[PDB]
Amino acid sequence: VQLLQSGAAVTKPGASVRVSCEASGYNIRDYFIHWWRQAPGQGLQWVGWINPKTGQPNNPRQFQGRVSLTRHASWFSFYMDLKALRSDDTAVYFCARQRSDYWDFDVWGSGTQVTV
Amino acid sequence: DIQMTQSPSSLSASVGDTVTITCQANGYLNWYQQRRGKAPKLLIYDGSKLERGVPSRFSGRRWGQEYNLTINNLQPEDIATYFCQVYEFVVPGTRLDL
Amino acid sequence: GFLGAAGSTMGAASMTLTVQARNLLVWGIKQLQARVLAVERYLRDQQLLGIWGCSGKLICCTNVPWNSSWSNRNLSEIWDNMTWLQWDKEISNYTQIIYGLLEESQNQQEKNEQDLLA
Amino acid sequence: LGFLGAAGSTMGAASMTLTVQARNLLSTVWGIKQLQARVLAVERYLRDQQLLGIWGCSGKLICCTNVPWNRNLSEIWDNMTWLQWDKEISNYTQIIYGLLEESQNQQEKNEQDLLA
Amino acid sequence: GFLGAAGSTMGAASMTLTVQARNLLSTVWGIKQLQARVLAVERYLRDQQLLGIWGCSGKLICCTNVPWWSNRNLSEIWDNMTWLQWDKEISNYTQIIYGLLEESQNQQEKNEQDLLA
Amino acid sequence: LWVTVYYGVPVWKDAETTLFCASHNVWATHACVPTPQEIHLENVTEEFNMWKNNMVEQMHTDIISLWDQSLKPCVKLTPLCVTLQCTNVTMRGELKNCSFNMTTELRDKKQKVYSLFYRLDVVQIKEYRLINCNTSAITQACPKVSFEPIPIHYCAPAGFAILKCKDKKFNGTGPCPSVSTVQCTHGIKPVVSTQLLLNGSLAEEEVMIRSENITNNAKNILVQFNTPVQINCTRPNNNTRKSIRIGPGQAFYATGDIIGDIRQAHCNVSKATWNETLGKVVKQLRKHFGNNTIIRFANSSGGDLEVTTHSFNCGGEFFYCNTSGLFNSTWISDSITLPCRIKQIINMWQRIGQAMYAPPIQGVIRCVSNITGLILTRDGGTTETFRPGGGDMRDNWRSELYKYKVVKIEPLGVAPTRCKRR
Amino acid sequence: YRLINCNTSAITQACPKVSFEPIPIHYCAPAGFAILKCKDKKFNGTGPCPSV
Amino acid sequence: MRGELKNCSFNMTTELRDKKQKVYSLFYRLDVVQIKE
Ligand SMILES: *[C@@H]1O[C@H](CO)[C@@H](O[C@@H]2O[C@H](CO)[C@@H](O)[C@H](O)[C@H]2NC(C)=O)[C@H](O)[C@H]1NC(C)=O
Ligand SMILES: *[C@@H]1O[C@H](CO)[C@@H](O[C@@H]2O[C@H](CO)[C@@H](O)[C@H](O)[C@H]2NC(C)=O)[C@H](O)[C@H]1NC(C)=O
Ligand SMILES: *[C@@H]1O[C@H](CO)[C@@H](O[C@@H]2O[C@H](CO)[C@@H](O)[C@H](O)[C@H]2NC(C)=O)[C@H](O)[C@H]1NC(C)=O
Ligand SMILES: *[C@@H]1O[C@H](CO)[C@@H](O[C@@H]2O[C@H](CO)[C@@H](O)[C@H](O)[C@H]2NC(C)=O)[C@H](O)[C@H]1NC(C)=O
Ligand SMILES: *[C@@H]1O[C@H](CO)[C@@H](O[C@@H]2O[C@H](CO)[C@@H](O)[C@H](O)[C@H]2NC(C)=O)[C@H](O)[C@H]1NC(C)=O
Ligand SMILES: *[C@@H]1O[C@H](CO)[C@@H](O)[C@H](O)[C@H]1NC(C)=O
Ligand SMILES: *[C@@H]1O[C@H](CO)[C@@H](O)[C@H](O)[C@H]1NC(C)=O
Ligand SMILES: *[C@@H]1O[C@H](CO)[C@@H](O)[C@H](O)[C@H]1NC(C)=O
Ligand SMILES: *[C@@H]1O[C@H](CO)[C@@H](O)[C@H](O)[C@H]1NC(C)=O
Ligand SMILES: *[C@@H]1O[C@H](CO)[C@@H](O)[C@H](O)[C@H]1NC(C)=O
Ligand SMILES: *[C@@H]1O[C@H](CO)[C@@H](O)[C@H](O)[C@H]1NC(C)=O
Ligand SMILES: *[C@@H]1O[C@H](CO)[C@@H](O)[C@H](O)[C@H]1NC(C)=O
Ligand SMILES: *[C@@H]1O[C@H](CO)[C@@H](O)[C@H](O)[C@H]1NC(C)=O
Ligand SMILES: *[C@@H]1O[C@H](CO)[C@@H](O)[C@H](O)[C@H]1NC(C)=O
């Protein structure tokens, strides 16, 4: 049960970026996957989850309209998008694997550090 | 909604001593430890239960709304940031000193 | 043998109950279905026999009074002349209420009396 | 008034309707699913009847035994129901069953055999 | 435990009948278990019916009327011999007794009571 | 005192067993035993948990098994995995007219045929192919069987009981003051729907909101209406069906030209009734949150074509209606027409290996049905936004099986009494 | 030419390892049931049988 | 142990009946029989 994350990327404001995140270890359809972003010297911030079986995303009011989550099954790679960036959107992004009703995450990705 | 508080912001503990940090929150509470520059790891998933592979020195106790994280025999590599989280909400953790 | 006394009268067919009593117990499902159906039918019959206080007895007497409304014929004729099959149709209409009377009047009240007086 | 109709009634009043409960115990997809239930019901009924037969109470709804015992009968039979009774006394039922199996039945067989 | 009184004499093996009595009832793998369940139920029911017809319902020890082949003394039979040796010895004479009890002896006794009452 | 034995006692315990059916079709009916008495148990209170009910999983796997069993003796469309030649039909661009080579009843000869295919069923490689040609094998549904739901009663074996809750204001969990006993449930029509529950059972008292734990935003919210909201769905196109001999005694049913003009299929719902049901829902939902909070509504965020749109079956044909107009409002403190799409390659039960082909139906398709509940997801992060969501069919059955529970009957008890055996 | 039924049905071979010769078959009833027989020599299709 | 492995290429079917592909695999000497074809 290991999550592989893509490398860092730097971009200008008003651009789009992709951060692939792949799970190869376990039965993937039975567990949600959450995304967290942290600013330097600050606590984590929730970004939202995606359902592997149906692809239904969920995002907070601040991020809604700018971030879209998508999955691509194979005979499982999770993505993330940001339509419009800004000066303050420089953070680090982590994949997490929810496994119970307690919202306890036991597996995390290496992380991607995105600068704007 | 969810009301959450972290009182022990900065702490100065010596090696081998036992210290506790108080987190007040509503709902299921998790204790995480994150070294600088590394992804967080799960220490306590329900607020009083222990995770597989974690040192036996780590433990927790819940009294009413208050939650406490207790450890004994501090190690040189045991000084890092520790934070409590509930569902989506999380508060920045506490950094200890040698 | 089996069903040998079918034509005999009621008096002479009461001494051969054991012969019928001990014969009550693709190509792969048609045997299993029969094997379970026989058991179910036997257990149902034995349950009804037992809950009247007659378990373990082929011929049991009951203290349920018999009125002439259900049927009325001379005791000399019934056991000497007519057959069990002939009697089955005559009283077939009122069997259910007789069973209902046997349910609680025969045994339940007597069970409570035995419980108190023991 | 019917199947399980004295569930809330006091034990004294519930003991009068033994027969209504005792009567209903015996009696491709949904082709084997019915057969499983048919076998299971017979098995359970036979097990209960064997347990009654071992104790010498075969064919008896209200049996008397020879095993001696707070809990005055006045409060038990007038102020409680069978469900609370079960919840309170389910702990000791195995030892009571074990006593009933051999303490009072096989012995009675020995004295009856030696008497004649 | 179960079958533990095998080597013991018939005198000392007749006090543990209950412990042997309990264990009568107790997609390739889904068909070999239903067969076992039905077979066990059928065998138990047949034995119970055989007991019941003779007049023995819910009784582990009975006494019946027919007189009593063997020439051994009672002390000899119940002192040293075990149950299995007796079963192997007298397997021939069982069928005579089996039909003797159910046909007449009980069937007669079921009538006089009806005649008496 | 001396112990005694009673063989008939009212006692029950929690256990799980096989429940049988009592009542052509995809769900095999007339293979069920033909089917009452209901007893009210007085002065009894028992606890019900609909979120760990076992009767839901059993019925889910039974319906899956019935679907798989009913699709077995039908035609396999393996020769239809071929390079099509599609062209435009002249709801613009929705239909295609595709010609291809097909095998005939003689092994050494071919034929050239054509059919009308929807846009949602083909992908490009002018040359087109079916969607499932790389992930799944497609089989044709037999025209004899009907997809119309028929009520099914679930009954417990002998020695087992079903207890139901008659409390009108009962939520998902907690004791039920008024209990009762039945051995067969009411008719439960199997209907598939993702965002709006159809042909269900109404609530006598008022709208009711049930979730496993409402603090968790990852759990769906089930809303039960007290009055139905009529919806009228139609497919105005007039279709003609064809037959093609694809082998020895094997026929494939294709669509001929549409007679008359081509129009979009749709559904109509009443505006005032929906604007009152939304108000009642907002009030009952505002019970849980603060009174100062304001309740928003929005259409689905994203996902599959099954969870972004209200999907259902209307008389043997599959509809995917857009419900963005229903869920656009904000509450602080004429009719609505819903465009729909039609698909023929159907992959359901959230499996990625077994597809199915629905033969075309000739004529005009009309459905008139009720709306008796919603499935929602509240966004997390003084305003709350609720967006419709579905996709998992166990919620659909939890909506129906919340009252009932199954209990073992244990009739042996050893009570104290003042009597001894002689 | 072509086979007679390639437009209506599919062919499966008759599998030479088996034989088509009929052999007598009985039809026996479960426990609790019996099969009645009529021994009337001049017996019509329907009606009473005096020699059951 | 030279000659115990053989690289064999052949024509195989595809998802589509019209066209086929040319593939290859490594087989053991025990699983191939002469008919180099
Ligand atoms: C639902 O979530 C709540 C909050 O996240 C959980 O809170 C519990 O609430 C009960 C109510 O009496 C308390 O007794 C528990 O102590 C609370 N738990 C904690 C960890 O504080 C609740 O457990 C969750 N589940 C249910 C069924 O309510
Ligand atoms: C939910 O409603 C919104 C209304 O804005 C839809 O957003 C539009 O979708 C169309 C479809 O291609 C786009 O052309 C527009 O650019 C979108 N508008 C905006 C502001 O983004 C959205 O598609 C609807 N979602 C669903 C699942 O129906
Ligand atoms: C929900 O219920 C309605 C009402 O019975 C169903 O509509 C029926 O559909 C069948 C099959 O096409 C018709 O023969 C009936 O005439 C229709 N009823 C009426 C009153 O016209 C509908 O199929 C059900 N299921 C849904 C909507 O999924
Ligand atoms: C579902 O319906 C909504 C409402 O009509 C669609 O959103 C509209 O899309 C058209 C097409 O470009 C736009 O002109 C409208 O402005 C949109 N509405 C709003 C309020 O912005 C939506 O596109 C539909 N879903 C899909 C998948 O087409
Ligand atoms: C096994 O044999 C096959 C067939 O010759 C080889 O595959 C071909 O290699 C050539 C040389 O680069 C290519 O031009 C062809 O396109 C290849 N064909 C296929 C179907 O792959 C293969 O390299 C050989 N492998 C070994 C290990 O000897
Ligand atoms: C099948 O083809 C479609 C269309 O090209 C594609 O989207 C899908 O990913 C393919 N399936 C797999 C398993 O690659
Ligand atoms: C075996 O036989 C010996 C010799 O009589 C006896 O003492 C012993 O009790 C027997 N064992 C059992 C289990 O009966
Ligand atoms: C579909 O294409 C075929 C082949 O070109 C043609 O014969 C047929 O008329 C077309 N159908 C329609 C409805 O245009
Ligand atoms: C059908 O087969 C013919 C002859 O092989 C070919 O020319 C044509 O492209 C095929 N496809 C069609 C007609 O759609
Ligand atoms: C819809 O609701 C109305 C009113 O309760 C009812 O008369 C009608 O039968 C319902 N239709 C269906 C299909 O249940
Ligand atoms: C739906 O409503 C529109 C406009 O009110 C109307 O033109 C159409 O005929 C209606 N269709 C149905 C099936 O009621
Ligand atoms: C739906 O159809 C029925 C029957 O024609 C009609 O009475 C009702 O008004 C229609 N409702 C809508 C919203 O079109
Ligand atoms: C490989 O095959 C060639 C083909 O002639 C043969 O000459 C050679 O000896 C083989 N190599 C072995 C057997 O190691
Ligand atoms: C594969 O097919 C081609 C032509 O389609 C043929 O020439 C060749 O001999 C076949 N076999 C191979 C490449 O092994």
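Quick note on labels: first sequence line is chain A, next is B, and so on, each numbered from 1. How was it done? The header gives electron microscopy, 3.2 Å. Computation of the quantities below employed the complete heavy-atom set of this structure, encompassing side-chain atoms and omitting hydrogens, waters and symmetry-equivalent molecules. Lab note: partial entry displayed, contacts enumerated inside displayed portion only.
The drug candidate or drug found at chains A and B is named 3BNC117. Contact analysis gives the chain with most pairs under 4.5 Å to 3BNC117 as the one the PDB entry calls Envelope glycoprotein gp160. The heavy-atom neighbours of 3BNC117 at a 4.5 Å cut-off, by chain: F. Epitope of 3BNC117 on chain F (heavy atoms < 4.5 Å): F:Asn213, F:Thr215, F:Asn216, F:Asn217, F:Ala218, F:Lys219, F:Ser301, F:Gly302, F:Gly303, F:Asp304, F:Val307, F:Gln350, F:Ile352, F:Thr377, F:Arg378, F:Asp379, F:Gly380, F:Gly381, F:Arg387, F:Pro388, F:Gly389, F:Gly390, F:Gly391.
With a non-hydrogen distance cut-off of 4.5 Å, residues of 3BNC117 touching chain F are A:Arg29, A:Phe32, A:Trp46, A:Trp49, A:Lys53, A:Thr54, A:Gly55, A:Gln56, A:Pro57, A:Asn58, A:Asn59, A:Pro60, A:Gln64, A:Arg71, A:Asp101, A:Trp103, B:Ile2, B:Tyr87, B:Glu88, B:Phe89.
The PDB entry gives chain A the name IgG 3BNC117 Fab heavy chain.
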